[PDB]
Asks: 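Examining a structure with dorzolamide at the moment.
We're sticking with the PDB entry numbering for chain A, so the shown stretch reads 4-125, 127-261, in order. Header lists the method as X-ray crystallography, 1.6 Å. Values below: all heavy atoms of this structure, side chains included; hydrogens, waters and symmetry mates excluded. Order of listing sets the numbers, starting from 1, for every ligand and every atom in it.
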Amino acid sequence: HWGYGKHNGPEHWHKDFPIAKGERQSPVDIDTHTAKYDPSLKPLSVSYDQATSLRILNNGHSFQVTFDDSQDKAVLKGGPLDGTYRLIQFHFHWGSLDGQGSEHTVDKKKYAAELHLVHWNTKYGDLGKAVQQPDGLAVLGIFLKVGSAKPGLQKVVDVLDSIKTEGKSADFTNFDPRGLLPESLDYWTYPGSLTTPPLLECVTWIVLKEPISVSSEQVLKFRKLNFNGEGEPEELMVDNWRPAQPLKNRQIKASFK
Ligand SMILES: CCN[C@H]1C[C@H](C)S(=O)(=O)c2sc(S(N)(=O)=O)cc21
Ligand SMILES: [Zn+2]
């Protein structure tokens, strides 16, 4: 029932998911001048060379690319984390125009889109168990700005026409998610939540400082997707982002000066 529209969007979510008004909700604005450089923070370790993508899917809220997480193949470690987190899926949030679409903001600046690579802590055995734990997930957030094309995104773009409406999926094997990463792995980090229902407070957020650039043609393809199912009144999948939430009793730490 939940969505991004006037009658089911972020302002309505708390009714079915009261934790929407909790103490560690995401996304947040990253105030670069308030964030503290923490020299104790380790470099991120992104090990994606054995990543095995499975399928790409329109779920009525975003599109996602899913991975085989039945063993340690695509994993995130290091940074603020202890232990190993397996990549399960990635998805995006984007806007109706280039001046909005990101969930996190940087000094109130909104990017055109935001990529989330979702990982779960192997010590909990599966994703369903992990989301019930304060250190269950690590989500790697990457900003998208519009400019030059991102070659590593093109295979994704190429196939969106085949998953236009809710419930559609396609084979999406042999995709290398390394092609979506920026040069630098400098990051901000803070304790937060899923940004969609059920909004569980189970996420260590790792948001990269460096955006990737994607082309206008690439993000236009995102905006042609549909929230609706096939045969239903067409409502473009645009503006599928939750606004910044109160930081409350939290510190955002920077891995860089
Ligand atoms: C459709 C809702 N999906 C939820 C629950 C899934 C179990 S998930 O894969 O853990 C995940 S990751 C994010 S986000 N936007 O914070 O990165 C939202 C969700
Ligand atoms: Zn997300």
Asks: Where, by number or letter, can dorzolamide be found in the structure?
Replies: ligand 1
Asks: Hey, quick one: which chain has the most contacts with dorzolamide in this structure? I'd like the name as UniProt has it.
Replies: Carbonic anhydrase 2
Asks: For atom 7 (C) of dorzolamide, find the nearest protein heavy atom and state the residue, atom name and distance (0.1 Å precision).
Replies: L131 CD2, 3.9 Å
Asks: Hey, quick one: which of the residues UniProt lists as binding substrate in chain A get a heavy atom under 4.0 Å from dorzolamide?
Replies: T199, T200
Asks: Within less than 4.0 angstrom of dorzolamide, does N62 place any heavy atom?
Replies: no
Asks: Enumerate the Zn(2+)-binding residues UniProt records for chain A that place a heavy atom under 4.0 Å from dorzolamide.
Replies: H94, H96, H119
Asks: When you measure from atom 17 (O) of dorzolamide to each heavy atom in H64, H94, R246, which option holds the nearest one?
Replies: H94
Asks: Can you list the atoms of dorzolamide that are under 4.0 Å from a heavy atom of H96?
Replies: 15 (N)
Asks: Give the other ligands or ions lying under 4.0 Å from dorzolamide, by number and name.
Replies: ligand 2 (zinc ion)
Asks: Taking atom 11 (C) of dorzolamide as the point of reference, which of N244, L198, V207 owns the nearest heavy atom?
Replies: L198
Asks: What protein heavy atom sits nearest atom 3 (N) of dorzolamide, and how far off is it?
Replies: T200 OG1, 3.7 Å
Asks: Which UniProt domain in chain A is home to the majority of contacts with dorzolamide?
Replies: Alpha-carbonic anhydrase
Asks: Which residues does the binding site of dorzolamide contain at 4.0 Å, with heavy atoms considered?
Replies: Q92, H94, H96, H119, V121, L131, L141, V143, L198, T199, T200, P201, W209
